Visitor: 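The structure under discussion is supplied below as structure tokens; questions concerning it will follow.
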Amino acid sequence: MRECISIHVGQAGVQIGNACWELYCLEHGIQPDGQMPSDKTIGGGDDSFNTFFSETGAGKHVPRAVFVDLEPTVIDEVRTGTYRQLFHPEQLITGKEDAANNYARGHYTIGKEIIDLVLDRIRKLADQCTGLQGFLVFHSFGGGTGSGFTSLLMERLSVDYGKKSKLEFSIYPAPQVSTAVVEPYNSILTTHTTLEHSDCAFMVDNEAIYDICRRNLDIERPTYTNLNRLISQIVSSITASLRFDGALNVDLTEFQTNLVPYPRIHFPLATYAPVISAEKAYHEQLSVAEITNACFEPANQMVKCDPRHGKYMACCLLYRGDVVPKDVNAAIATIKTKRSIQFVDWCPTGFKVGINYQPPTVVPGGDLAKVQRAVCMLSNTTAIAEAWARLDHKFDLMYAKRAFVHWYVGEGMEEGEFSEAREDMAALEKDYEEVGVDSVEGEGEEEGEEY
Amino acid sequence: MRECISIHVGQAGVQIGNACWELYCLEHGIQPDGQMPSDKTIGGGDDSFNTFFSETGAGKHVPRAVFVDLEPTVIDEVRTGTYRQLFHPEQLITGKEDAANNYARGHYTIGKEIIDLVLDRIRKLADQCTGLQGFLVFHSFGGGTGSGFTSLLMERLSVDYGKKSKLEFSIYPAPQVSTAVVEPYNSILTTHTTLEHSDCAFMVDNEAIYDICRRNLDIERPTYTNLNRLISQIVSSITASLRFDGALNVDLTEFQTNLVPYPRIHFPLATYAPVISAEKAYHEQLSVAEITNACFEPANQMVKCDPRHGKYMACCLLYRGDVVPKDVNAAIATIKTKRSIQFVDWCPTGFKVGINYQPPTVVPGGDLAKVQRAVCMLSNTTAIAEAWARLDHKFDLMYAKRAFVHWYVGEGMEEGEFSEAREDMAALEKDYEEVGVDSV
Amino acid sequence: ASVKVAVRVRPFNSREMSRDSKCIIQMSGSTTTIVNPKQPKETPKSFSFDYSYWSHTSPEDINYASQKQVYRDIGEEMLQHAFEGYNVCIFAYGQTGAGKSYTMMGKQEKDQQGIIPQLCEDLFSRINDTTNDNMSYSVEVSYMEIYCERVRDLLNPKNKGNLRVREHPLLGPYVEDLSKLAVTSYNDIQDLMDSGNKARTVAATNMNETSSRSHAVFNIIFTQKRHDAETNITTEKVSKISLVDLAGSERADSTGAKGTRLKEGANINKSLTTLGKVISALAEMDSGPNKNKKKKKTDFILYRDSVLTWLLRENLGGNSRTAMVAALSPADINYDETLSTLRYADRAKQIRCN
Amino acid sequence: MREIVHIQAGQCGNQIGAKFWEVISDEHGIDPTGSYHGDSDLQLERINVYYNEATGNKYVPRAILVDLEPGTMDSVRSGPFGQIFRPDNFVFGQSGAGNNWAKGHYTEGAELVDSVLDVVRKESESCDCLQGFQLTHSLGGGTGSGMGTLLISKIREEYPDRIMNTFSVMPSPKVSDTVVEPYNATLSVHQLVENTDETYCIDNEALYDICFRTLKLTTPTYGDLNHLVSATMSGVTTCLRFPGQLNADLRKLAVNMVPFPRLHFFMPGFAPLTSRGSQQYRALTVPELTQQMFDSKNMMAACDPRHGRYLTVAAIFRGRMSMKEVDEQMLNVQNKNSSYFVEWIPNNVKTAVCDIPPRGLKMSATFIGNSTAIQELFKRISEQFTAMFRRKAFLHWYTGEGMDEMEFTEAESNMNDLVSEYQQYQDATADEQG
Ligand SMILES: CC(=O)O[C@H]1C(=O)[C@@]2(C)[C@H]([C@H](OC(=O)c3ccccc3)[C@]3(O)C[C@H](OC(=O)[C@H](O)[C@@H](NC(=O)c4ccccc4)c4ccccc4)C(C)=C1C3(C)C)[C@]1(OC(C)=O)CO[C@@H]1C[C@@H]2O
Ligand SMILES: Nc1nc2c(ncn2[C@@H]2O[C@H](COP(=O)(O)OP(=O)(O)OP(=O)(O)O)[C@@H](O)[C@H]2O)c(=O)[nH]1
Ligand SMILES: Nc1nc2c(ncn2[C@@H]2O[C@H](COP(=O)(O)OP(=O)(O)OP(=O)(O)O)[C@@H](O)[C@H]2O)c(=O)[nH]1
Ligand SMILES: Nc1nc2c(ncn2[C@@H]2O[C@H](COP(=O)(O)OP(=O)(O)O)[C@@H](O)[C@H]2O)c(=O)[nH]1
Ligand SMILES: Nc1ncnc2c1ncn2[C@@H]1O[C@H](COP(=O)(O)OP(=O)(O)O)[C@@H](O)[C@H]1O
Ligand SMILES: [Mg+2]
Ligand SMILES: [Mg+2]
């Protein structure tokens, strides 16, 4: 069966999980207490789809998830809030000190002990599964647990399972805004784990989502709930092809197969087109061409890098709702006509297309308008290099003077490892700059004669 | 007695047989169920003549025929149609694949097995016969079964029986029109069987009959039923002398004796004069001279060859109806007067004449007008060479590049056999060009 | 631009000589003629060829095409071309029992040795004769067969489990896991030919009890390298010698069976048709450029229609030298088989009877 | 009796099969439950070509459904005609190839190939005289292309004598969904050239252009494309089920179309198509039928035959019509279009006529062209393939499944040789100067 396991690590992961599981419960008709009234109303169907929920004897539906954190505050907020009866009591909390915004504590000293419990719970959930497709890991670069413990967990998962997919929905640090001082060290030290082990990593930036909320939804003072709601919409759009039928359904394996040319360059950008307020929902048609055009605007990207500075290596569009292949094909043709969007010459086709009949849902108390059509775009492009390069600069400005290094060194981490990360980091950028080069020299060719 | 066996082979053969047996059933007063009401009305005579029908104890008349095909469609259509109760259930069908417009399949691979059943039924019918005169074989060049299985069947028949006559009423490919791509291969590969084995072979072309129907019988959109009806009329005219009395009755033996000067040039042309619509049946006399003149017109020939380009080696006229020898002789004299008709210098007489009293009949729902007089001409002439020559050209255009050859070679036929056929074909043409030369 | 055609008529064997047999084939110049024995009055069928070889009885001291004679005409030229670095190929065509195998192998008594033994003896002579310190000669011999478009090795004692055939873009067609063995004398090659011809795929039919159900190709890989006291070291001299034994043609008249027998016959006949078309097409462009020197495009000669021509591409196309010899039976009974063999040989630079 | 076994692979194959079986069931008067409720007696005369009999006077299609994602099988089963197929013929697995031709040819498809061949054998031994098979699959996909080629190979090894046709949907230059279409198309055309007697080529833009331009439909979906393809498939095998004045089994078309074994790729077409609202203005006669049939814009493969020469064509008509008119119109279209037909076939128009037209029409016709212009379909693909291979765009996904670059190069060379083959038959006429 099309089964997934969602691992939430860190405060950002836990809050993203809150928003995500709110959306899934609303999508599938599950009440906060786990019971589905619609089972006895319809009397058939698997609307409590196995992709995210496991059904027990009494009709209760337990989500397939594992929260993790090294601070009891946030997970206890989950454990006392509205959804306290939904989740299994195994929330895997370390009732001890935090990683304290230190990669070393989350990876080497404090990250131990809890790792065994986390792996045991993941093993149990995998055993309960039959046809596991992959893991979804939510975390945040720049945090303590979200960086180090996520790296350790990914290493152990890659060792244990090997072939199963592992996607990442991670929060990269922003160019200007930042809520920590030692953020670049933590962000850089995860390059090895997010490069070697993860199969496909999606980057989201809080500044980009703030800009989207300010411009599109017309919210002057957003908070993290809106950001988590948008990210949850994107995850639901990605995973919808597994759950609901459609004219063209894209499994995770197809999505990866079409998005990643080479095994080191798996960093696509996620965007959602019909992000519009209810008041502005009127005066608009929101046809297929409109949402496809909106997907390509640099203003609506979720990470602060302009694709116009780079080349579109690959694209995957996932439509939901009242959509027909004709308009999708026409929109793709119109996109290919424009010369502002550049494509590498070693990818003549350029696109992947999926269509799902189930339209998106509106969370009560949210801000997104009810719509009949939507699309989620995953674009693998070279412009992501920009988002890396800026952060690299900051790292140098700290590592030249060895600022804050003693905190990492005292916690059982060798100093030279710092430099190693940068080397890996640098190599990755070079790799991206290699795949933008528009064709080989092809110096060898011959001439012709006449007879 | 004057007894004949009619073998129908292929789809064209089966449909020609349908039309032919409709005609004879109407001629002799046989109902579709085999019974004759007139037997108890007249109380005498052999109106269910033995030339085509065998009479059982209960008064039923079973035709002397054997249909054959390698596809159950057409013979099943026969077996369910109006005349299902007429024929014996032995229709000799191979419930397997068709010959697929491929000579090799019809002769070598698929043609076997069914050959034994066909020969057994033919032997049974021959044993039931007393005074068998010859076999009539209907088929078509260019088809799969009609070419290969016909060749195999005639080889075995010539082996088993030998001295009995064997006539062809075969459909030759047209110059321009054609319903197949590999037609010339199949048509050329049968030159050996239609040359060595057959005693006399009549050639008919669909283009010529289409021209006749669109011009004489004022029909613009004809179908194969009209063609089969015309061919049936010709066969009936040929075979009438065996069944009905006449002032001069021309058996098959004397007809052959007069039409074939040498044993290799037995390819006459068949024509029928009073082909006219009932609306045009008025305003016309249709005397003996008129029909005799109309038979010689190149427009009314049934294969696209102009006799004016060649020489008339021999002619055999068979009249039906209110005809008297005085007008026949006068018409023959008038024909001999004209210089547009050339006769070879070594055939001073030139004509065979037969006269029969029974007039032709009109099929209900047909298109030929009722008439008091008619004539069928069988003219052996050199112009038939033209009809061969065109075909040879087409064959060359395929065989220079070995187009479609693998289909034949893969089915157990040696490639070089192709060339052999053309050599025989070429020799045949040369023979005709030899006999058109004036003596010295 | 070198395709020649050869024909060789066999003499009456012991059974034919003892029985009341008759001869129907005549020779003169380049023209071979055959007459139908039951109807010779019609016309003699004649064909012209580049090479022709006569034989009707055993001794035939004077004006006779001995094995050494056919070797000099065909074999010696091909061996010289192989020595000069050009790929070479010799086909032996004919019906079963026609005597083509006699030409290819010959008698082991060493009184009349076939083309293959004489060729290999001269090769071993040339190499040992021209063997010096700098020139390095190396020879490796392989032997293979095609049965129903499937390749089988004959020299290796392993199981006869059907193998695949592939093509390197630079190195041309090849076969996966085909054993090749080095040889240094006539004894080794003779042992290899015995071990090979003992393992051929044959079946009993109504024509001959050991009629070949498979084509057989004996390949010799010959290389000559120069390694002097210097740095500009190249080879520039590599050749392959192909010796092809073809299964005789057959008709459905003789192959009175369905299924495996008819399938094998049809596959075999398709292989001969492909080979004949390949050689005729090559011969047309042999005639053309040799006198025009006009480059009428590549005119690619199809070799995929069948596998036999595909693996022989390196020895068929390019600057290769190919010839074929057809075995003809002059006995009275084999008129139809013989005439079919003449027709098959007529192509590949067909020459008119002047 | 000639009886056909039908095989379907992938989403495209399954959907075309569903629509085609609906069309045939309505043609033969079969209810969705399998019971017969027709009027004419000819419908049961040769229903056994496609159907088998079951005891309670029930008819079961002789179809075999293949896939690796259960979603399509569930969609087919829970439908208007889902109950008609026998459940044992539904063959599927899990975790499909996902547009990876290696997975559906080596890793995954090897698991289900044995089960599918067992079902095929059971279907074939129940057939008293098998005529040939029939495969419907998408060429640019995953499980479809790969497992279809594997099944073709295994069936050709098992049943060499029987005919094998293929209604394949091949990639588009413009209407392209999957990014790795060229790899799958190349590695499949490597196999189609060797192990099939016929191969009807279909393109999505041709069907869309037919829908927008002729049928004047405003919102064509995959249902309409499946409708057109099903109409063509019904037209091809019409003569094996109904009587006529000239019959044409699948073999006669195979004999009369392909001149050489490799040139067995066809361009299908169907007529009439008149927009459902303009049929009142145009009369249904054989001249109009054949004029629409030979029109360049009607072809279902997105190739202009005016860029090449017709090696052969076959026209199969349905309905009561005069043979003379058909022959005259074929002569007319051959003579007027003198430059679009090769000369080394003097007459290269095969003709067949069937008495029973479609249910709601007076007369119709279907067309199978064999032209050199089809080479374009490969050349474009080859171009894209090179553009994605010389840099190794997505190569690792294949090589992790147990392949190597040599197979890619072999497939590319095979397709190029096919293209050159077809190219040699569009210029070489007859001469000595060249
Ligand atoms: C005169 C009349 O009654 O109306 C026609 C009609 O108006 C037209 C426009 C029909 C109509 O077809 C369409 O509108 C159409 C739309 C998309 C794709 C294909 C067709 C018709 O729907 C289609 C329908 O066709 C059939 O029933 C044929 O037998 C056809 N059947 C099916 O395709 C079929 C569909 C669903 C369920 C079962 C069968 C067929 C064709 C070939 C071989 C076998 C069967 C007919 C008669 C008509 C309508 C109803 C309007 C046409 O269809 C055919 C193939 O006959 C479209 O152009 C033709 C010509 C017709 O004039
Ligand atoms: N978009 C979004 N970002 C969040 C959210 N919660 C925390 N973050 C980000 O997380 C980063 C801070 O690091 P954390 O993820 O909280 O680290 P941690 O999981 O608490 O682990 P410790 O550092 O040991 O406390 C900042 O960049 C925040 O912007 C959230 O709900 N939504
Ligand atoms: N005059 C006339 N010709 C016909 C008739 N039916 C078919 N033909 C011709 O027959 C030729 C085709 O050969 P067929 O007789 O159909 O071959 P077959 O007997 O069906 O055997 P297969 O090739 O295996 O199908 C065409 O040239 C047709 O014109 C008919 O009723 N009357
Ligand atoms: N004609 C037609 N083509 C289709 C249909 N569904 C998908 N396709 C085409 O098939 C291709 C995808 O192949 P797919 O069906 O996924 O192959 P599979 O993975 O083996 O099932 C796309 O390029 C579509 O254009 C259909 O219903 N009809
Ligand atoms: N000078 C010669 N020319 C041609 N054939 C000859 C000559 N001397 C002997 N032969 C024949 O060579 C034949 C060899 O046949 P063989 O190799 O047994 O055929 P197969 O291998 O097909 O069984 C013998 O039948 C023999 O009569
Ligand atoms: Mg916490
Ligand atoms: Mg039939």
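Chain letters run A, B, ... following the sequence lines, proteins first, then strands; residues in each count from 1. Determined by electron microscopy, 3.0 Å, according to the entry header. Because only heavy atoms are used, hydrogens play no part in the values below, and waters and symmetry mates are left out as well, while side chains stay in. One-based numbering, in listed order, for ligands and for the atoms of each.
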Visitor: What is ligand 1 bound to here, taking the chain with most contacts and naming it as the PDB entry does?
Guide: Tubulin beta-2B chain
Visitor: Which compound, drug or drug candidate, is present at ligand 1?
Guide: Taxol
Visitor: I'd like to know the other chains touching Taxol at heavy-atom distances under 4.0 Å, if you can.
Guide: D
Visitor: Report the source organism for chain D from the entry.
Guide: Sus scrofa
Visitor: For Taxol, which residues make up the site at a heavy-atom cut-off of 4.0 Å?
Guide: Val23(D), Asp26(D), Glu27(D), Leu215(D), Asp224(D), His227(D), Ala231(D), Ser234(D), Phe270(D), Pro272(D), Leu273(D), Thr274(D), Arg276(D), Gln279(D), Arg318(D), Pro358(D), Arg359(D), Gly360(D), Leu361(D)
